[PDB]
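Working notes for the structure below.
Lettering of chains follows the sequences in order, A, B, ..., and the numbering in each one begins at 1. Only this structure's heavy atoms are used, side chains among them; waters, hydrogens and symmetry mates stay out. One-based numbering, in listed order, for ligands and for the atoms of each. Only a part of the entry is shown; contacts are counted within it.
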Amino acid sequence: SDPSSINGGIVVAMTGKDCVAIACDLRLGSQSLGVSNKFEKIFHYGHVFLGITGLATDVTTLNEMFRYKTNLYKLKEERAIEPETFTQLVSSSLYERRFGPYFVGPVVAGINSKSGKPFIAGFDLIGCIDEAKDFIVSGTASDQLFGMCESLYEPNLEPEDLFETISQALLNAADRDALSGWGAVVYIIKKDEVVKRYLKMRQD
Amino acid sequence: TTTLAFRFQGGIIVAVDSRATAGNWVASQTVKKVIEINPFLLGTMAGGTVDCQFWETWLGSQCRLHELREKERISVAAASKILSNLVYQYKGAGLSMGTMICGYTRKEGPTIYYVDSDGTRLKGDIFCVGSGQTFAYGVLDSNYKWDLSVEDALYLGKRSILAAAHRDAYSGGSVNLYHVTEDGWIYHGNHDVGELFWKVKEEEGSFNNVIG
Amino acid sequence: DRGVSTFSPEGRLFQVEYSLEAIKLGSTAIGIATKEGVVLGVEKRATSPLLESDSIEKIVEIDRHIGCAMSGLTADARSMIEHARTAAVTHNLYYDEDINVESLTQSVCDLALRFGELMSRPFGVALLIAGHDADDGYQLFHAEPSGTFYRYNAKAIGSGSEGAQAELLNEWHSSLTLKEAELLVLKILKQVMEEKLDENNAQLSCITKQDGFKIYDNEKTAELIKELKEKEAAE
Amino acid sequence: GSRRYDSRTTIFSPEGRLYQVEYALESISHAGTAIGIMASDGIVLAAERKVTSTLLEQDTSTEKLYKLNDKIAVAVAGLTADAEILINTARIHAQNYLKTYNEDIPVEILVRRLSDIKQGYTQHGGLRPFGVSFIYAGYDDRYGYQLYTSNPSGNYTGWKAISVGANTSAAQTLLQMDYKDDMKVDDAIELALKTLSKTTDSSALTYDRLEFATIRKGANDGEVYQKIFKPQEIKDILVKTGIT
Amino acid sequence: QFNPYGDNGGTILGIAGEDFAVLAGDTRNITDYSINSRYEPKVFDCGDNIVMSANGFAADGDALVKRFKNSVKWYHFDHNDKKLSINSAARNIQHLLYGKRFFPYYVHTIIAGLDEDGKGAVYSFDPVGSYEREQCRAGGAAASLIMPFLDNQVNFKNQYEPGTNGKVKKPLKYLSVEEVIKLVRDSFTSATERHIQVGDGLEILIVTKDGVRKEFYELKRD
Amino acid sequence: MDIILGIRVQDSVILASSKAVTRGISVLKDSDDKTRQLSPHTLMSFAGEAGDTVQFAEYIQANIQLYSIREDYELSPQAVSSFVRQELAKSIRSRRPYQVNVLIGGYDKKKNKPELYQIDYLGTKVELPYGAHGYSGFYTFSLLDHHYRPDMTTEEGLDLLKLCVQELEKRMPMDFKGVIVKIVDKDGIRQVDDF
Amino acid sequence: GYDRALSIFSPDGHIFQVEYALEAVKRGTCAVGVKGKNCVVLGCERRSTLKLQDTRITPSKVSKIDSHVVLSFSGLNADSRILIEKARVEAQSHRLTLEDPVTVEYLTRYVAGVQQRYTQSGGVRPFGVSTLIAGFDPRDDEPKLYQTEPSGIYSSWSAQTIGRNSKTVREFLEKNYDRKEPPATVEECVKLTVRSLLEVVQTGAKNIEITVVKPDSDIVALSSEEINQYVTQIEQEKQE
Amino acid sequence: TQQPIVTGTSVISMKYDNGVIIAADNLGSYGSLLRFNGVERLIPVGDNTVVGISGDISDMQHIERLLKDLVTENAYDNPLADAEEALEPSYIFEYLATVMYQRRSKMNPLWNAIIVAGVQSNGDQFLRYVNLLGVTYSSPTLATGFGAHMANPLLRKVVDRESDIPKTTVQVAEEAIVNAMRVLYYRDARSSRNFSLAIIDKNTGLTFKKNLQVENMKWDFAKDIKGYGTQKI
Amino acid sequence: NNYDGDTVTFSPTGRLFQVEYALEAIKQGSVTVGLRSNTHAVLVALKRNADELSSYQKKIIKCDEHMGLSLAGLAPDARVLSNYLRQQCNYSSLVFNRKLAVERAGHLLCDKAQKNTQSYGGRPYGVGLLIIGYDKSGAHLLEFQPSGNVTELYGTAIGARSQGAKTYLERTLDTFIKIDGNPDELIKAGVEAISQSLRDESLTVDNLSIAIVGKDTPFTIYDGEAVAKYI
Ligand SMILES: *[B]([O])([O])[C]([C][C]([C])[C])[N]C(=O)[C]([C]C1=[C][C]=[C][C]=[C]1)[N]C(=O)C1=[C]N=[C][C]=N1
Ligand SMILES: [Mg+2]
């Protein structure tokens, strides 16, 4: 009945020293029934990464919508959109559906190509921007993720250390949520290289 | 209501009852539940009264316009789909319909389409629709064959409505029979259930449970 | 330039008067009304011998009790026929009866003056509407793009109209049979047509109370042409 | 009333020609020449900027060559402002197709859509047509490398090599002479520049008076790269081919 | 919350004879347990030898009769003063009712007259436009009290011929206008006794080839 | 309607769909084909609310057939599935949404690969080796999880499908009157007339 | 909106905009239609003023409206696309509602109705296009060939031509086509169609397109070499 | 759909030999609060019609403005506005009845019950009722709200049927109306002592009486009533 | 000349030529006469045929039980205007239970025709109308011109040769106004009036059209053998 917890799923993002990390589970369900273990929730438009939790049809629809908009942006501007600018575009796009909203929990992550500054941001289903220095959480196990991140996190972690922290935050949060799990992916993002790692986790 | 229609060697048999009810009150025992769309096409009536009358008469206007425009008899498939597409537009609004569109053309042969106010459109050989449909199905399924004579097929339809008229409280009054061939339908009379029951009981040896 | 709905100094609508000129260029159509039925006949006028003449449809059914023949820009007639058929069927739906021939004609004529700056111009086609009803019996109407309609005992429209009308003036009487009317249409069509009249370049039709509106077969018309030739040679 | 002042842009002449379309084509014939040449391993787009100035900022300037998506580009001949209206429509159409089918729009489908828009302005609405002719250079996995053109009438046709704008008659003759089917991109680059160099109304062909672009499978492995040439890169290819 | 419907009570009765037709109705109008009027005409002459009554919610009843009367007027204008036949009037009324299928005229409509062969005709409608020609029909409040009596005394249902014991039915002999009026009066007298919304007065409209005649009779006023 | 299954093997896609149509109390038909051919190498099965199912399926069919004629080209299964998803994703926020779930089985002639797409009435699309809608997956997925291997033959796929149908016929309360099975491969679409 | 009446009558009873649309058809490349006993052939002229053309991708002159009906045209190319699109949409709409593909006569009647509508609608000009529509009705083996024109009139033809120099090829067809015995085979029908175009075309190289339509959705376009063999055989018989 | 806020109670009326009488109290109630004590609920239209209104007062004031506008409109391009082509009671009623039914059909009713009393051109008495549902009826006596339950029984004893109308004088009719108003004051908890009365006669025209009061009331017997049963003191 | 292209254009002398050209269409139409007494009002109309095979075009139209008109000019424009009157008469009856006054019916026709003379795109009506009726102020006769001008009269005539009938009525004014309670004599006077406009042709059984409305007489049209009595 509650649109935001029909399909299930989670996303988490973190900042480190000259790097950012964004991670998600791979589950798609119909309430109790597990349907797919390959439903990735992180997308990227140029160097800007976007994770989206919530109702799966809207996750897909919004990805297609932002691909659409960032492609037109690039043709007109003659440059790739930056994380700060994209964050504003997500907020604008969600709020235009104020009274008929997409049931989603987006998360932006990336490094500004000019300043080199790491950036993350979160949103509610209707556009409000949460721009945290440390971390952002989203999805059906957001409470769990808040608890993990708040204890595990420390500032200025090196890329390979940050990987371990965000991975352990996701995995242990997902294992305390019935509608999350069935696999996981972690993106480590530096100024001009991005590594993608699939994690081994329990499949129940 | 009990309405049926079935395909066989000799074409299509259509048989309906005559009763209309408002709650437990019997409003009418003389209802024409078969609509003569044209000399070749019949429609049955079940559910709410007006809806099936109004829109199947309307269907006859659309069929007449088709054959005026196309200089050719409308197919049963096309005629049934005009009605189903129309009611699908009204889906949710509260129409109440269960009908069989029956006809016989060169390209199709004898054809029956079950059309429904939820939008359902099904082609088939045997259909029973209404509050007494289950009673009529019993008699049909056990006695139906393809190689039935027009005489025997007519009786089976008459007998199946009687079965439902007896048991179903919201079915009864009288039975209207129709036989559909390629050259058109043929009316086979109004049969009062009050007289038909005692006649069938005596001649057939059935309804031994009832005293007469 | 000038308005489409403009009046001339004589008190006529320019566009309506010009559409009447287009009708004069059209192929001939004739109608004769009797107490036994109304007959409708047309000149097909194929532009080339390779054109399959049976595809030329200048006589058209509106309902079982009403038929129609056309002359002029025949493409313009399609929407008029569609409206006529719809009006006939719609009335039957609302009133469970056949529609009066006059009432049908009036409905068609209401379209005529719906043009301005609605459609951009008047119709460039005239219609002969023939039918039967219980109140006024066998009838023949002439529907113009002006919105006016006259009832006729007999009428000819198209390029050979004034010559044919003068012939209909002498030949028509109130005791004509259906057979006599059929031959009379054939006779007058043959008189005004450029090419020689046969079953392939001319078409007959009628409307009777019993059988309704019927377009004649080429075989049936061919016999009536042969019957005509013999009776003219008889004196 | 208002009828008095109406030019009636969408009417036939007694000869069966569309006045405004014909006059729009006359306008385009004075625009800078644009050339497209299709090869087996890519496509070339070359175009001449119209009588420029030394004070024009060339490196940030764009009047001829425009990007529709990653696979398709266009060369413009006519009113630049009119072309940008259509270009933005085409960019949107490509994105609509991508959103719907999750596949890049085939080149012809995009061309047909733009050409149909142009057609509409010649049949209804009473507005003037777009004074623009396009050369479409694009790639898809069905037909591979493709060249098309469209004009204000809304009619479009496919080409191996084609020119639009000024001196097309002279240009088309030179292309018809030296073009061969087994030609390569590097050869096509040379042909395009040589053709412009002979048809140009200017005294000499220089880097500051040109816009240049290539669509190559010369991208690392099975994929396509668009290259809009920079001023310095046009200067280098002019020296390489031996024009300056 | 606002309720757009109400119930004005009343009862109507149509009977078709061999060469005549009657449409009767009580003259009482009510809401709840109060009398609004002891004489409020309910059956109307609509022209073209057609009589009509729309029983139930009086506001919808008046609106419908008004619109049908209007339809008769425009039928004359549009079709050269042609007489609107009873079967055509019936079909027209179906479309008036179905036009408001999803916000219905809360009435039970009955019309009466002569068919095109001169025989008596009665048509009956439900609120949403379903209709059917009938020999006999009561409508409204006391319809359930009257119809069974008419099945027995007009169509001779469950009646057989003495001596045969159920074998031979009572033959369906035709009823005169005097005989029908007797059955109408007894139907309303009986309905008045057992139904609180029936009483005050009875107004009958009789239709023949000669035209439309009226008769009025007193009913109990309690 | 009720049960619709799909499985993708080495060189084909197999769709199985029940034959029963029930209007409340009675089973009106026991031979109903809950599928439409969208293109020569693309088949769509469907299940949902009465009327809406066929109306939607035929509407999609008409649109794909229109595309085929216009371009003289068959769309890829991936492209067709995306078109269908968008129509349902549009539908879910309409005045009256299409209450229809679909499986799209197609053979991509360009990549020479079979492809199975599962889409629900919300517009939720997933590519799968095997899929189902409604309660069908609750019974069958445990068997498919055990037995499916991605290099199966079409004959092995049909046997695994029989095992699924047998479990459904044992543990489901409703009598769905068997299934119509159809195979989609490089040669097109064909029906298995004995199952 | 723009409502100006562009198509109007003149004092002599002519609608000049419709007549000037026919002049645009006269300018268009020649198109020809011939129906045999069990087939219909559509021939089309390609003007050789345009070389360096890419024939793979260039819009072909014959268009499929459905799997069983084709449409060729003479006149404005851009205008023809609008009629073809509407016709294709209507063909699918007919299948959807009537559950049967369009007859050739019905499809023709629709296209002709569109053309007519543009002759008495405000703010629009007529289509500068005449069409030849050919094919076979569903489950029918009788060949069909119809013609339409800007005014909106349509009719059936045993054989017909439209476009530039259509007066000449119609002259050829009127003496060479026998109704009592039409081209019995595909070969005979194609041969007669190529012959008729050779009266007007110039070179028999890439200037002639041929499309053969047979019953039961059997439509195929002949290649250059296949047509070139007809061109060769015709002239070798002519040298006598 | 709304709820009535400020409301007016019963309107009562009857026919007599030469015309009609109508009456209504001057109170505007706000629930149980007797808020406004000077509200005129009889509204004359010309010299031949009086419209009596009960129910929602804001809707009454709207109807009052519609009638005022109706008189203005009838006078436009009408030389016989004060003679043959003056507004009749039957015209005024039919207009209101049309509006009431239209408004209920849009689910936004004028929350009122209305009685139009008057005399026609030919001298005939006119008296007809209409309410928020568009329901209409006529009778020798008519009354709204509580008047329907209490006034009608008293007024029907004077004029029980049509044949009793010529036998009823204006003195007898007014007496009955005034008595009914007293009874309503005894028994209606949303009524007031002050009321207005209007007579429309075919001979003497329109007589409009304001600031009438209920008089000759019986209350003295109250002094003897003690407790609710057993109490003696 | 330069100022007759459309209805939105005054001439230098302040004339509206399109309106005047519409007025010309009436003069080409067949003659029709109107006259009244204090009890009745009569319309007499000469119908026109196309030829001997054709019917005679109807000239009189009923608007209500108490009102109707006769036409001269474009017949379709009379159908549009008579349809409008039918609706207005009907709106008055349904809403106000009131028969529409003849004077007010003229005011409505005037205002409808006026809008067509001041706006671009449209055209004036090409027909003249003679409205008769009986309302609460007795019998009435109106004359409508498509310029918008409506006039109440005792008697009048419009169409071709209408001046002859108009002069006769101007002489007979004192006589026919007094014909009260005698319908046949009032019609006789109307038939004698329209006869002053005839040339070559005379009044035959299918040529003549008469209508009457009065105190206890609904608007009724007489054609065919019903008018042989008055020939
Ligand atoms: B039949 O019983 O379905 C019958 C068919 C109808 C066309 C005459 N329906 C009714 O009699 C219905 C009641 C009903 C009974 C059982 C199933 C469904 C419906 N009658 C009405 O809807 C009705 C409504 N108003 C007045 C009288 N009857
Ligand atoms: Mg009682």
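The drug occupying ligand 1 is bortezomib (bound form). Contacts with bortezomib (bound form, ligand 1) are greatest for the chain named in the PDB entry as Proteasome subunit beta type-5.
Lab note - other chains with heavy atoms under 4.0 Å from bortezomib (bound form, ligand 1): B.
Residues touching bortezomib (bound form, ligand 1) within 4.0 Å, heavy atoms only: B/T1, B/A20, B/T21, B/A22, B/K33, B/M45, B/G47, B/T49, B/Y170. In this entry, the covalent bond from bortezomib (bound form, ligand 1) runs to B/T1 OG1.
Closest UniProt active-site residue, chain B versus bortezomib (bound form, ligand 1), heavy-atom distance to 1 Å: B/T1, 1 Å.
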